[PDB]
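Positions are given from 1 along the sequence. Indexing begins at 1, ligand by ligand and atom by atom, following the structure's order. We read in the header that X-ray crystallography, 1.8 Å was used to get this structure. Values below: all heavy atoms of this structure, side chains included; hydrogens, waters and symmetry mates excluded.
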Amino acid sequence: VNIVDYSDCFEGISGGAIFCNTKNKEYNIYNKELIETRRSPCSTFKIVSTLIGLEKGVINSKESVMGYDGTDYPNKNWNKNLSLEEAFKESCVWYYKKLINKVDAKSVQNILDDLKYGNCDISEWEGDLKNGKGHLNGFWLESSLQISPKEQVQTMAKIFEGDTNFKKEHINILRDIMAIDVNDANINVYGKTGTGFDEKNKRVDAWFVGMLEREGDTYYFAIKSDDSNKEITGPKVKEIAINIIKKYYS
Ligand SMILES: *C(=O)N1C[C@H](NOS(=O)(=O)O)CC[C@H]1C(N)=O
């Protein structure tokens, strides 16, 4: 466990980062207190909910559809019978809500327990209804489920090193749709952003979680902001993560 200083890449935004290489058990931590604090995963939960849907047969491949019903949404890409790959990349809430609501709560509880997914608290299945957004909510969106950045990395490592019971074919579908382009062919980066606002504490929950493969070694990472500036989003923290990767992990 090496404490590191990545502040220069955070451009004055408050947050922290953790990178773990499981071959040599090298844990690099910036802002240890934040890295151990549990927070709502927001859209980073799509990493796990995709695997749940695959395991239960609700979806089967990166082409799988969830039967769009014609409901009007402001994001033009949500207004179609989109595939799993497009729903993941466009963060289509209705698709992932419909997916999870086809799965019984016991099954979800047991999968989260097996993954040690933070507090594994799905008690508020419907999510944070007081925000007025009705069915666009759920337990993983600023609600009962909370996970620390360190626990995110531990979960990613267990999934993608083959240490869970999820099928290898399903893990590879996730890998496929998580891959991003960082304009550097010499590193493979995979990840997912998440964005929420913590109304109790008036701070953002802005995430980028994933992995990086660079010539033999693999690092699992979580970058997290808790800034009070509402302009700080998941996509903003992904930019910060990319800067760290290129500066320190290239
Ligand atoms: C997940 O965090 N969400 C879904 C959607 N996309 O998030 S992302 O841009 O961070 O990937 C919008 C934000 C958030 C939500 N409001 O549900």
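Modeled at ligand 1 is a drug that PDB records call avibactam (bound form).
Most heavy-atom contacts to avibactam (bound form): the chain the PDB entry names Beta-lactamase. Under a 4.0 Å criterion applied to the non-hydrogen atoms of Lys192, avibactam (bound form) contributes the atoms 11 (O).
With respect to atom 10 (O) of avibactam (bound form), the closest heavy atom belonging to the protein is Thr195 OG1, 3.0 Å. Distances below 4.0 Å separate heavy atoms of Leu141 from the following atoms of avibactam (bound form): 17 (O). Remark: minimum distance from atom 4 (C) of avibactam (bound form) to any protein heavy atom is reached at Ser43 OG, 2.6 Å. The deposited structure shows a covalent link between avibactam (bound form) and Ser43 OG. For avibactam (bound form), the polar-atom distance check finds an N/O of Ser91 within less than 3.5 Å of one of the ligand's N/O atoms. In this structure, atom 11 (O) of avibactam (bound form) lies nearest to the protein heavy atom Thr193 OG1, 2.5 Å. The protein atom (non-hydrogen) at minimum distance from atom 16 (N) of avibactam (bound form) is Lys133 NZ, 4.1 Å.
Residue-level proximity to avibactam (bound form) for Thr44 is absent, since no heavy atom of it falls below 4.0 angstrom. For avibactam (bound form) and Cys42, the ligand atoms under 4.0 Å from any heavy atom of the residue are 2 (O). For atom 14 (C) of avibactam (bound form), the nearest protein heavy atom lies under 4.0 Å away. The binding site of avibactam (bound form) (heavy atoms under 4.0 Å) is made of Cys42, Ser43, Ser91, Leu141, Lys192, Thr193, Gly194, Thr195, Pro235.
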